[PDB]
Engineer: 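So I pulled up a structure with carfilzomib (bound form) in it.
In what follows, chains are A, B, ... by sequence order, proteins preceding strands, each numbered from 1. Each ligand, and each atom within it, is numbered from 1 in the order the structure gives. Cropped entry; intra-crop contacts only.
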Amino acid sequence: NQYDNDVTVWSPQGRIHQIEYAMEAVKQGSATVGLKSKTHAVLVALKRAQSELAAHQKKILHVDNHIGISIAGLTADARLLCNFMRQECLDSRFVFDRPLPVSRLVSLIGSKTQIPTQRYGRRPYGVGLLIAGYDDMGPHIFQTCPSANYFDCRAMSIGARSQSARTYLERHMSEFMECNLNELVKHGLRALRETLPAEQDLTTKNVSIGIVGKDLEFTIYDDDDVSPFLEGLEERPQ
Amino acid sequence: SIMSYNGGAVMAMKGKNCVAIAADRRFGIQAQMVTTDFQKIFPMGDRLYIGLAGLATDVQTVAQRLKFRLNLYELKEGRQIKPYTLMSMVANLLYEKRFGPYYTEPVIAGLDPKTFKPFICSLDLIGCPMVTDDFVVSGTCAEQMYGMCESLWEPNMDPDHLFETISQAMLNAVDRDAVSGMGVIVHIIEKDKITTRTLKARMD
Amino acid sequence: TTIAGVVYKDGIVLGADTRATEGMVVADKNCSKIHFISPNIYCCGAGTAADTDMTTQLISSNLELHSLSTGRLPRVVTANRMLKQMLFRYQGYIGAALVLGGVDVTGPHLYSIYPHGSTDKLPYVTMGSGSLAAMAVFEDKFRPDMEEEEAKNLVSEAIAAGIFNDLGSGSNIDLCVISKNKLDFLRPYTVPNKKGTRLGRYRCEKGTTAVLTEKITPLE
Amino acid sequence: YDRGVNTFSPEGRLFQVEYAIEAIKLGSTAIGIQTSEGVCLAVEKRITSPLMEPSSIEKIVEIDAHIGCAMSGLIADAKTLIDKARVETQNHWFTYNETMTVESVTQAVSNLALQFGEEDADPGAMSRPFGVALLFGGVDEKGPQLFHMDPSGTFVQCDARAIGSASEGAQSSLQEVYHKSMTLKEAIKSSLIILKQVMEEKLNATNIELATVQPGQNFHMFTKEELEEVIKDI
Amino acid sequence: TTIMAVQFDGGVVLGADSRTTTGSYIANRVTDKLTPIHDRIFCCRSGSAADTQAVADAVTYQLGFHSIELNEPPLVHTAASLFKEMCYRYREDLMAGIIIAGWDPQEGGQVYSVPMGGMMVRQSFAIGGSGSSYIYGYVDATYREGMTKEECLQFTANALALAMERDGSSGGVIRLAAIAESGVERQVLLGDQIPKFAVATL
Amino acid sequence: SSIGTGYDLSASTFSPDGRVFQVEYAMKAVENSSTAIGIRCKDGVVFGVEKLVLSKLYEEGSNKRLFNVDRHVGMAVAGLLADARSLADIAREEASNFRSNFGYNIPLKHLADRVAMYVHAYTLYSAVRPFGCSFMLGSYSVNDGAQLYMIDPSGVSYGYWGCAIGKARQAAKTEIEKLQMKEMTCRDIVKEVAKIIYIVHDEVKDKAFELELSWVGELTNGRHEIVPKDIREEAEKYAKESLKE
Amino acid sequence: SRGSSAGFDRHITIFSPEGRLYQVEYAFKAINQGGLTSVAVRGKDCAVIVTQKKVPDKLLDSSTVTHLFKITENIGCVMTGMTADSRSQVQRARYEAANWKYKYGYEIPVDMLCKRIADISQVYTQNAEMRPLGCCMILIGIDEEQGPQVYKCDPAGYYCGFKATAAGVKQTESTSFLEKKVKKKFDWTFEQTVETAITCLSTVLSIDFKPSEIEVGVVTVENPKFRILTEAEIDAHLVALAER
Amino acid sequence: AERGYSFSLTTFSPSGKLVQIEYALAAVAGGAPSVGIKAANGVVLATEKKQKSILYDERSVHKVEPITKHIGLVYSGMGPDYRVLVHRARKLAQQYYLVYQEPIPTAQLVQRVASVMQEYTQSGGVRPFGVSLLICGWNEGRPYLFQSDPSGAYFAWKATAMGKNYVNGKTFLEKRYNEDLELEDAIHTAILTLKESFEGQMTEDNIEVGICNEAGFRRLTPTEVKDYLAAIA
Ligand SMILES: *[C@](O)([C@H](C)CO)[C@H](CC(C)C)NC(=O)[C@H](Cc1ccccc1)NC(=O)[C@H](CC(C)C)NC(=O)[C@H](CCc1ccccc1)NC(=O)CN1CCOCC1
Ligand SMILES: CC(C)C[C@H](NC(=O)[C@H](CCc1ccccc1)NC(=O)CN1CCOCC1)C(=O)N[C@@H](Cc1ccccc1)C(=O)N[C@@H](CC(C)C)[C@@H](O)[C@H](C)CO
């Protein structure tokens, strides 16, 4: 209780409680899935709604022509980090006239987000990110945490009840690398839908898709443009 | 020249146990006279006067800031200021603007408030002090004033001979300069009293 | 001005004239150009008067602080470093040519310091508008390890050359002798120039000056 | 026990922000309804004295000729946000020679969300979140639009939304009467009805304020007479 | 001025004139232009006296602290690099032509030039200063690889003598320094010691 | 060895027995991390890291605990990873600045000194908290030699022949002591490193793990490089086989 | 009073009711945490430093384990206490020395160096944002006229010149030894000084060192450069002691 | 990275007491005793310079410090704080001299140093000085003795004492001393009032004395102290 309120205070057990509390912010948001084939990187996000009269929250954001993200946590921090990534990409294009390698952008995210976890009066970024990108090393799915740690993934899921999605993806990793785009998005949608009780399922009103690849810039499908993906899926079990 | 813009003349002379300080009264802009009663001599306390010649603005400004620092000095310390001390004060004040100097050449004349020992000095525009035992001059007609002072000044002058000497020096120097004159004022200061006179002078 | 400095067997002799000019007119007939730095270090100043004054004063002050903290007698190299570094930081905008002389725990030391911040450690140096004449006297009549009076004679001779040959120099000759255990700050070491005596009486008798206004004010 | 203004709860939320959300619940309730014929914003004034001039209580203001805003909570905090919005719209007009989309304005204001803190900050920087909630109703190229924003900075589009003390009840009553095809008159009527329900004082022409933004007409604040003519058909 | 530095096997040889002028007047006919930066690292100064002195002081400071912090004899290339950094950074405010030379346990005898540009280059031998112009030809026709220490000594002596004879800004006395693992052997050639050459008569 | 009545909430506050508990807590954060070892042979330095795998979803080579600080200097980290990465940035920048100022590759002892000073700068104020990681810097040169240094959260820097940091620090040190690295070569050493990693690893409490390996020596022209897949799989085979005795 | 406390006077550098600074004293206790002891002895023509070299691991390049530091070619030092803080203070000392020579044109006196370091420590003593350093510094070197100098500075800001001192765990015992040995008035030669130091440490720890268990810094009038003794020339003194 | 605490560490208690200043005074009344005596033709400062071993070199650090050529200092309390205040005082004096080209009046130096000490009772993130200062000087013919305590307050003294047993020393001076004394007599009664708390054989190295007449300020040599400490001369 005395080691809870500052990010500059180590616990006697070698832990920083503010960082972990910040990590808990990711689980507060709606779940999201990211997976890559060998040609495409795909983000599938479950949009959440307050009431039935409120539109669904944006979960997928455009960063650069070759990079997009899916957020999970505080939308303000998400917008901040997003603008940062956008700025870094623009800088890279301005200086070198070539798109910024995704891994380097992720490294910069790590460096930036690490700073406030070591200064008094500062706080960690209350947001988790799934980054889908394509460069001359192929497609990439990355994950960034409030603890400023980042991971290079074959597949990943973060947020509320994302454990189900994780469990699903962990079985189909081997399938992922050879799937075509439609099958990849399918797998993503199944993983995403696993994080739901049987009384509810995916809809064109509550599902967003972000796709980037060797033949496609990062694009966001939101409403009627999602139907070609949903229509072509199993009935799921109970 | 910037100094010659307003013109003017300031002189100080030493006496027995008295001291003298004089200055012309013309405030003019280049060739036109605006005022005939312009003050160029300011009292920095009892029996201690300063006289500034040069650019009128800097005359007034240096006088005012000097009075500022002086008042603060005589408040912080429970005493009147010594002549040497005032000189160093002015020197510091002027040198603070070493690379953007006030265009005025101050001349200090007074008596030691503790003793009575006469004191005259002059300074640069950047505040280099110069103490003398006879006379000090500053102004557009410095050469004329030097000419008169080098030939009129005697050592131990009484408060009456000192007056006549500094008056003749000022009058006759100023009368050979076009931008100095329109009246001369003389302060002859001694331990007991201060006598202020304005001389009969040319007004052309 | 016309300042010089020499190093002899027991210490250092510093010389300077006393003429200060503004324009081509003598403003000060008796100006002290040999400045106190530390009780064992003195410095002659030539160039912009106020600059030499404030610079020498500042360095003197800093050296007083220095020795106050160290408890020892100040070294000449220290004054030299302070001076040259300050002067160099201002890139010559401080018109201060200097002759720095003093006796240390390491012996006698003489430096010349130019306003741009360069220094020269030499057995004899000259600075000022009359420095060439003085340097001629030095180059003609200097020998290593001179006796005190001999060196005083040499330096005063140099300053004299500056005085009579340079229109920028004039009036008295000031000396400063500094040995391992003596400090002779001889003010008017020589008055080789005298004003001619007045041949007339131009004294104005009381009343010859007409007055328009009078006001007496009593003091205390 | 005191802590920093950027401290996280074990649940994963910022204390100050949550407390600001709690602060909203004490404010005047306001309702915004989106309709293909235009957007409407209504709010109770909560006059605490007969001596208080009710025309000096504005909880509905004009961001720009095509955008209006309704606010609930600590109004003094809202003034700053309003001015920032106006300035943003005008800057955008200056730079691009066009009007701002309602979403862009809402986002711009939402960027001032968690712009508070103690150490490592500017001298004039905010010390605490804004204890206010906003409804942005306006007409752009995407037609009529209504947005909602809370101290968290999370902003989202709504077809119909109620903020303030009577938030929940008014929201239920809104859900009961909203279909994505109402006429603007129906929206105004419903708004005033729910308002009359939730208000403790008798709803009249000087008790509330109503404003509409429609594709053909600029931001319009309803005058006393017009208010009466809508209250008429109670 | 006129400086010079030649590299032999086990070290280097430095040489300079001693004339320091302001205008056409000689403010110091006996300057010491070879300045010690470290135990076995020297530099030859040309250009503004104030500038070169200040820079030399600063580099001595920095290199001293650096060598203490590393607890190793400083590389000559490092001193040359400090000089290079200073002279390049403030190239528009400095008038300095430097020749940094000395001995170093890792690379032996080294000679580097830092001309007014701020560039840096290692050379078998280097000349600088106003007088250097008059000895480019001689130094080109006389240099031979594999010179002994004494051969380099005589070499710089002759070159400097010629330059001083021709250049008005150069003259006075010849200062030489021999740097090797052994240490620093400084000497001064004056009067009849300075090499003389046959002047045309009839 | 356990006081905490307000005396353990800051690095600007000493304990009544003269201790800075924040630093020690950070060290405990280092202790809770997976073990990373590094050993110096006569012809270079080899690094080995027990990189625990938290999920099969993660790509191979993710969360590298082996960094390239300079072209001649490698870095092995243990503990809070973000801090370790930031420290890697600081080390890199220090080496870069040294090159840009002095004109040659930074000596390892100096780099370690500088970075260590930077680390120590965080063990003194309440405005910042000590770094939660320990690390090892390895390098080789012909004029310098083979060198291996280590820095803990307090800012202490030391030169080692063999070193380990993490959970089984002592358990690894006892295994390193058995080796005669003063005579062996980095080629032979890799196998022994992998071996000690597999020995020290606890297959029960901790789940699956990936092994990271790093060269820096005469066999690599002084360049710090990753161990080729061939030699790595060879060393892993040797380790898995040596685990059956 | 007599142990009283109020407010945060035990957490930061503010006054206790009896006018004490608890954080400073705690720093003095932090000096002992290293578990080592250093001894400094001033001779007639030299100055000697000796310190434990506890190297409990064969995995350590024993050449990197040192508490002796060269501040300047003619100024040496030994640090006792928290290692990192010690290295910090050594860096600062080196800076202040180099800067001194740069500004004033002569080598800094040990007196002035120690005074400066102590003056820097005083700030930590008076400001609450930082905490004093858990280390003690002992400087040695030859002064141009005052000859051999051995100074010492505390975390409290206290600095002083000494004929002999010690620091660390067995400080008081070592001082009680040294003053007893000083009162006897011997011919303080080089070997006398070194032997007195080594035997002080030895009879204070009851160990009888191997030549690899201690390290010895030294500075002579005939050779003012700070010199660190090899294992061999330490073993020379060691075997020189076991004869009388 | 570092900045600083911007808030006062010295605040008013409900009773109205600036507690940290009082604790600072508690630190002052705990250090070695120091006496100061103004004596018509000069001033005397004296202090207990009792080390704590034969190993200490008493000829390296001094308690009686000169500020300028005419002003001297002794103290009661903490050494380091005193050292800081000495440096600062010297600097202030040099500033005054640079501006006015006249040696700083003792009262002025006292006031300025007092302002400096006052700062640390209000400025952020700092404690007051645990030091009381006795400042002697010779300005404008008359001799001067001043005291400044941690609060930044200052008083003019004919004679006084600080440190351990400052009350007994104050009554002692109040009785066994008065005006019209010469410098010699003052030194005598100063070493005498210092002896009223010297629990040991008071040697010439156990105490330190500085004098300030109209010929400047200086520290008395151990020899002169030996001559005085012979209970005569
Ligand atoms: C060398 O290069 C050879 C001999 C050829 O020049 C020597 C050796 C060095 C290492 C000392 N260099 C000089 O002799 C050198 C030339 C120089 C002139 C100007 C700028 C930079 C270099 N002489 C000096 O540096 C000399 C130093 C002392 C006075 C001995 N000072 C100057 O030359 C004055 C530079 C100041 C300056 C003037 C104008 C604008 C900016 C800076 N030059 C003067 O004219 C000084 N002064 C005023 C005019 O009448 C004579 C006195
Ligand atoms: C009359 C005395 C009290 C001082 C005299 N002051 C002055 O001459 C000052 C100069 C102020 C200045 C401003 C900016 C930059 C530089 C200087 N002038 C004024 O005060 C008034 N004027 C303003 C406009 O009309 C001309 C002068 C002076 O400095 N004289 C120098 C010569 C000088 C050099 C460069 C610039 C200005 C003057 C001097 O005596 N120097 C001697 C050395 C001493 C004084 C240490 C010598 O060098 C010998 C006498 C040769 O001059």
Engineer: I'd love to know the main binding partner of carfilzomib (bound form, ligand 2) in this entry - how is it named in the PDB entry?
Structural biologist: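 Chief contact partner: Proteasome subunit beta type-7.
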Engineer: So, around carfilzomib (bound form, ligand 2), which other chains have a heavy atom under 4.0 Å away?
Structural biologist: B, C
Engineer: Which other-chain residues or nucleotides lie under 4.0 Å from carfilzomib (bound form, ligand 2), by heavy-atom distance only?
Structural biologist: B/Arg98, B/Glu105, B/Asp124, B/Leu125, B/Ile126, B/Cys128, C/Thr1, C/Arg19, C/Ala20, C/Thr21, C/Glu22, C/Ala27, C/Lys33, C/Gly45, C/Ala46, C/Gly47, C/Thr48, C/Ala49, C/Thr52, C/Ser129, C/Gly168
Engineer: For carfilzomib (bound form, ligand 2), which UniProt active-site residue in chain C is nearest, and at how many Å (non-hydrogen atoms, rounded to 1 Å)?
Structural biologist: C/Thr1, 2 Å
Engineer: Find the name attached to chain B in this entry.
Structural biologist: Proteasome subunit beta type-3
Engineer: Return the organism named as the source of chain C in the deposit.
Structural biologist: Homo sapiens
